[PDB]
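Drug present: silmitasertib.
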Amino acid sequence: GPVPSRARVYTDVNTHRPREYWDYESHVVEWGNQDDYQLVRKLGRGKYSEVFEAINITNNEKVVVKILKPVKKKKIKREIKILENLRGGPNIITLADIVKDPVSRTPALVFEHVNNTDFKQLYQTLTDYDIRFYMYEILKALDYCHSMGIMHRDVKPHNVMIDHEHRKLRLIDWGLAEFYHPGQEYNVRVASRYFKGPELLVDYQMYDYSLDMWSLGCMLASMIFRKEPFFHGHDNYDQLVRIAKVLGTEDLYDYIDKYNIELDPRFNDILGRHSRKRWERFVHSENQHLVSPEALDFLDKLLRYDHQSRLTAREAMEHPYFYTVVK
Ligand SMILES: O=C(O)c1ccc2c(c1)nc(Nc1cccc(Cl)c1)c1ccncc12
């Protein structure tokens, strides 16, 4: 069958942690006082939850409350344990409390509030320096969670909350995050379409932290080229075709051949043959001020078919692209 794969870094972080650390199913939730929190306004909802702005009446501080929909019980403790494991880490959203909602009869997670600017509006205004600055901040969060044996699996602009006033960033929504264990096969139905790594799109289950680095590359491409999203597929199959029109089909076949993976035969009549493109193809007068040789090389090293070939978060932070960012 498929050739096995291992993360090239933080491979055995969880094997050497106490079982309590990664065995989220055995986690016992510590419950706070639901009366401490008053809901103020609904912010939105996902397939799995509804999110509200709220107020902590013990300190009159703004917080966010995420009421988990009664769906997929298993996922509850997983998200909670991951949040508790990562609490205090650089640019990780802080879980402030966990309470039982009396209406939904499900857990409600209480998070720190970030005074963010919607990415749709924000990406339009980011300068070159801003993109480098915020990329570096995202990498701090990703190197941290990876070093702690966790992959996020849903890196995308919505989940990177940025307070542009105080230049503060938080990686949110760890609802899809998982513990990395060498040799483990994972669900490929993770991440948002435009940010799904080639591993997911070719149904390769033995993936790792490097999935997040593909997603980061997709964000970077959208920012420096001012095209959001960058790979704009109409479904999961067209998504891979869009990628192959840029990275080329020969390197896609090299990738699947390396892992002895077969494409879904439905690609037979949609994939075609495509050359690899040079990144300069995507530069034009309206985005050129965001582009530099350093940006393109960094991007090039994130967006590899082979998850094993991508920059790690730590390697990424060493890139010349970040030399100009004040440390
Ligand atoms: O899920 C979490 O970890 C999570 C954690 C924190 C926030 C969040 C989701 N969603 C927010 N806003 C938001 C905006 C639009 C739609 C939805 Cl559903 C949510 C938000 C805003 C300000 N500060 C923290 C958060």
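Here the PDB entry sets the residue numbers for chain A, with the shown residues being 3-329 in order. Order of listing sets the numbers, starting from 1, for every ligand and every atom in it.
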Mind telling me which parts of the structure correspond to silmitasertib? ligand 1
By the name used in UniProt, which chain has the largest number of heavy-atom pairs within 4.5 Å of silmitasertib (ligand 1)? Casein kinase II subunit alpha
Considering only protein heavy atoms, which is closest to atom 13 (C) of silmitasertib (ligand 1), and at what distance to one decimal place? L45 CB, 3.9 Å
So, 4.0 Å and heavy atoms of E52: is silmitasertib (ligand 1) close enough to count as a contact? no
Atom indices of silmitasertib (ligand 1) within 4.0 angstrom of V53 heavy atoms, with elements: 10 (N), 18 (Cl), 19 (C)
Relative to the heavy atoms of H115, which atoms of silmitasertib (ligand 1) are at a distance of less than 4.0 Å? 22 (C), 23 (N)
Nearest protein heavy-atom contact for atom 2 (C) of silmitasertib (ligand 1): which residue, which atom, what distance? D175 N, 3.4 Å
Among all the protein's non-hydrogen atoms, which is closest to atom 14 (C) of silmitasertib (ligand 1), and how far away is it? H160 CE1, 3.9 Å
UniProt domain of chain A touching silmitasertib (ligand 1) most: Protein kinase
Contact check: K68 vs silmitasertib (ligand 1), nitrogen or oxygen atoms, below 3.5 angstrom: yes
Considering only non-hydrogen protein atoms, determine which one is nearest to atom 11 (C) of silmitasertib (ligand 1) and report residue, atom name and distance to 0.1 Å. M163 CE, 3.7 Å
Top protein contact for atom 25 (C) of silmitasertib (ligand 1), by heavy-atom distance: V66 CG2, 3.7 Å
Taking atom 9 (C) of silmitasertib (ligand 1) as the reference point, the nearest protein heavy atom with its distance: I174 CD1, 3.6 Å
Silmitasertib (ligand 1) and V116, any nitrogen or oxygen pair closer than 3.5 angstrom? yes
Report every pair formed by an N or O atom of silmitasertib (ligand 1) and a protein N or O atom separated by less than 3.5 Å, giving atom names and the distance to 0.1 Å.
from, atom 1, to, atom 2, distance (Å)
silmitasertib (ligand 1), 1 (O), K68, NZ, 2.9
silmitasertib (ligand 1), 3 (O), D175, N, 2.9
silmitasertib (ligand 1), 23 (N), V116, N, 2.9
silmitasertib (ligand 1), 23 (N), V116, O, 3.4

